[PDB]
Amino acid sequence: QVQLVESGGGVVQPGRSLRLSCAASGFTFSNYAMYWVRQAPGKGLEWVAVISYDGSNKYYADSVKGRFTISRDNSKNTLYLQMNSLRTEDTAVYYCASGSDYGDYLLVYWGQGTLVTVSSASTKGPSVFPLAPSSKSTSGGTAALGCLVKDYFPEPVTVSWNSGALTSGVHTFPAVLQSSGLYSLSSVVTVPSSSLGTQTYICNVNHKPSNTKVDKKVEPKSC
Amino acid sequence: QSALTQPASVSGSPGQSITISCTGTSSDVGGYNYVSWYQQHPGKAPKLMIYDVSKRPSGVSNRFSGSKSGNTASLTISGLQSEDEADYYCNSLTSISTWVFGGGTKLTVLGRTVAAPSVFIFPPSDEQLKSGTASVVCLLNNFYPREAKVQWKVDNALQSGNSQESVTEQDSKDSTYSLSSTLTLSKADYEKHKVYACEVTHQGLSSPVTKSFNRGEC
Amino acid sequence: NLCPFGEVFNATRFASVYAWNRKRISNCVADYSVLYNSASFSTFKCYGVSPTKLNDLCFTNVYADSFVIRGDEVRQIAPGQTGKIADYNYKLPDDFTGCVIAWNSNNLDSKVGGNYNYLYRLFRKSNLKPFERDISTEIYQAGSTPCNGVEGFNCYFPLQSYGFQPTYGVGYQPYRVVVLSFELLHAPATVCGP
Ligand SMILES: *[C@@H]1O[C@H](CO)[C@@H](O[C@@H]2O[C@H](CO)[C@@H](O)[C@H](O)[C@H]2NC(C)=O)[C@H](O)[C@H]1NC(C)=O
């Protein structure tokens, strides 16, 4: 078996330096080669850097050439990447990969990349707003109800509902970032009109950087 | 970077044959034969499928084959099993010792019958406007093809870039999909406008569906 | 008894050209026909013998030499050839020399930035005698008035590394070579075909 693990990637502010490590076991790490590859969320893959078996030679993409540095310690089966002057375009997922007997030029083995993003915004917590049930929604005796979060920076979030005991018809869409640079998300549940007049629906949001929860109730507006 | 061109998406019925193409410079895929193909299911590290001269790694089904023709190379997949929908990327080595990746092709398998979207629209007006910002939200629920197109209409005028949409992953109970849509506006502009509407055109629908409301009704 | 050709061809790492390893093969049953008809061998030239006949033959003992060399140099590994590798690294005899087998192992032997584990003799006092091997790695200065006194590095160095890169292309790719020698009459046979 062969396995690789990346570590150290995380939140940082722009213009700073950061160091990533990748550790391999199960093969002669010194013999082949190590590569770094990154994937900006929602985009394809692109190549970042490469180092040779001896570490004597290095190559980098024009976007990172001279800015980043790649180094390895073949005595520890350990690989390292040094990043300097990080910019908003470096906010991707970075994978380490190595050659194999199939070809030193081939990204045969891959780790499970760390997520790194540069942001000047602080760990602002989310705010929760409700959706307005109405005729343009409630139709055919069926209606959708939802809660909306106002932009927040930290990556971890979890939405809870009365329906959390049985999430049938409940969705928690992938969060998205506003031009402000902070994440936001929407969650909705589908319910019958009989429930709108007989059951309370309240949403509560969990945010690990701030254990103080936020919650809001949805009620059928006359609009 | 001479990033290789690829089709944005391809689709086929289960058991059919389908081919993905990759194209590059005479020194990026022409000449050398090191073209390789990678597979990446969502949420996990990419796998490889093909490499030099269409060879295939051990432990991978013989259903995948590769071909090269000068400036272009292609990957053909047969016996679609719906597990191959993972996006495929081509890769090649280039002179001046540089690697290039293709834009990635997303494969959609018609693993079930078409299912129509359910659509809802909601104003977050009361709390959001009290906070000092305005947005409008439109919801598309449990559709199948997921190729849906979404448009925002204000006073029947079309808006773009001012909205952000998010699509949830395939619901394994029925392979359906859902999309969230939301346009953002400033308090002054939100008060200037009178009518708000969202429009969707999709294979899941027999004809475009539009939902609209006037801010002045309530 | 089966023959170790499997480990001979698939040894995972062949010796450098200048220091070519050898291995004695004995008491084998040599399934030459099943080896020869394989598609991986880019060349299977034979001298004084033909490959299809090889199973109908039966030599006393056979040696196999192995080294990794570049495509243009593979042409030099033939009886009667001359050139830097044939002259300095591995002089094939000007006589029978059995089959020369080569395949393009660029995948294993070439590496990004060039493989420096494989070296060749840039020059020598005089060309090697058939099957001669030497490990003597001393700078060729000879001291004297023409060059820097002995032990000095002015007069280059005897060895150089190929630096096999994928970019090197089909012309400069590294091939893996093995060559077998067959001798007769000096002893009773000990290995034969199936
Ligand atoms: C070196 O390894 C290869 C791969 O295992 C051997 O080729 C295989 O041989 C077996 C037995 O004849 C066949 O069943 C396989 O189909 C072969 N595989 C391939 C990919 O060709 C090869 O025989 C080994 N070297 C020698 C000298 O035998």
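A note on names: the letters A, B, ... follow the listed sequences, proteins ahead of strands, and every chain is numbered from 1. Determination method: electron microscopy, 3.6 Å.
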### Task
Say which drug appears at chains A and B.
REGN10987
### Query
Counting heavy-atom pairs under 4.5 Å, which macromolecule has the most such pairs with REGN10987, as named in the PDB entry?
Spike glycoprotein
### Query
Most heavy-atom pairs under 4.5 Å with chain C: which chain of REGN10987?
chain A
### Message
What's the entry got as the organism for chain C?
### Response
Severe acute respiratory syndrome coronavirus 2
### Query
In the PDB file, what molecule name belongs to chain B?
REGN10987 Fab homologue (Light chain)
